> 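I'm staring at methotrexate bound to Dihydrofolate reductase and have questions.
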Amino acid sequence: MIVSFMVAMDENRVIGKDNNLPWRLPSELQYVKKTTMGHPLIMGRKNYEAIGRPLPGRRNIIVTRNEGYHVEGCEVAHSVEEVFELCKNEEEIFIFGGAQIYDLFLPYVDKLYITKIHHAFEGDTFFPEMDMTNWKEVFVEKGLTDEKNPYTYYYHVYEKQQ
Ligand SMILES: CN(Cc1cnc2nc(N)nc(N)c2n1)c1ccc(C(=O)N[C@@H](CCC(=O)O)C(=O)O)cc1
């Protein structure tokens, strides 16, 4: 099964602020809906509270070690091992994030979905960095800059095929 990371970040790798994210970019959330639809999202508790509801069309799966955590509309996994058990029959998995969630699935990733916003915000969680020792660009693009969406980001994708 394909473990794909799905991430938007600063030019300084910031992905988050207090708990809620640094920006607010409707069109970005579009690309995300699009590429993700019909696939499981694996996220941590704190990432889900930011979102604040289940994302329609996708098995939302939350990752806590806590044996008594439940939210409606979402599955809970208390392990990386469980995540693969729930997604046994699954084509592709999207690690939706929380930095610590990315750290968990680092030994398993085979595909990366990075958005790079050029502008630097105030906040404190970061994307766990990885490979100029790989991987392979497989796609680039620019996105909508508007009155809402005001920043030059680039939709990226990579593939570790080794
Ligand atoms: C806080 N946040 C986390 C978030 C935001 N942008 C990201 N962008 C990328 N590229 N990757 C992520 N991991 C990511 N995560 C959110 C908040 C709301 C929605 C949301 O309501 N998304 C709708 C999109 C359209 C809508 O807003 O209704 C969806 O169904 O996917 C998504 C992510």
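Residue indices begin at 1 and follow the sequence shown. One-based numbering, in listed order, for ligands and for the atoms of each.
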> Which one holds for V7 and methotrexate (ligand 1): side chain close, backbone close, both close, or neither close, with close meaning a heavy atom under 4.0 Å?
backbone
> Going by distance only, is there an N or O of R58 that falls short of 3.5 Å from an N or O of methotrexate (ligand 1)?
yes
> Enumerate the atoms of methotrexate (ligand 1) whose separation from the nearest heavy atom of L21 is less than 4.0 angstrom.
5 (C)
> What source species is given for chain A in the PDB entry?
Bacillus anthracis str.
> Decide whether an N or O pair under 3.5 Å exists between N47 and methotrexate (ligand 1).
no
> Please indicate whether any nitrogen or oxygen in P56 is less than 3.5 Å from any nitrogen or oxygen in methotrexate (ligand 1).
no
> What I want to know is whether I51 and methotrexate (ligand 1) share at least one N or O pair that is separated by under 3.5 angstrom.
no
> Around methotrexate (ligand 1), which residues have heavy atoms within 4.0 Å?
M6, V7, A8, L21, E28, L29, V32, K33, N47, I51, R53, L55, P56, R58, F96, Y102, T115
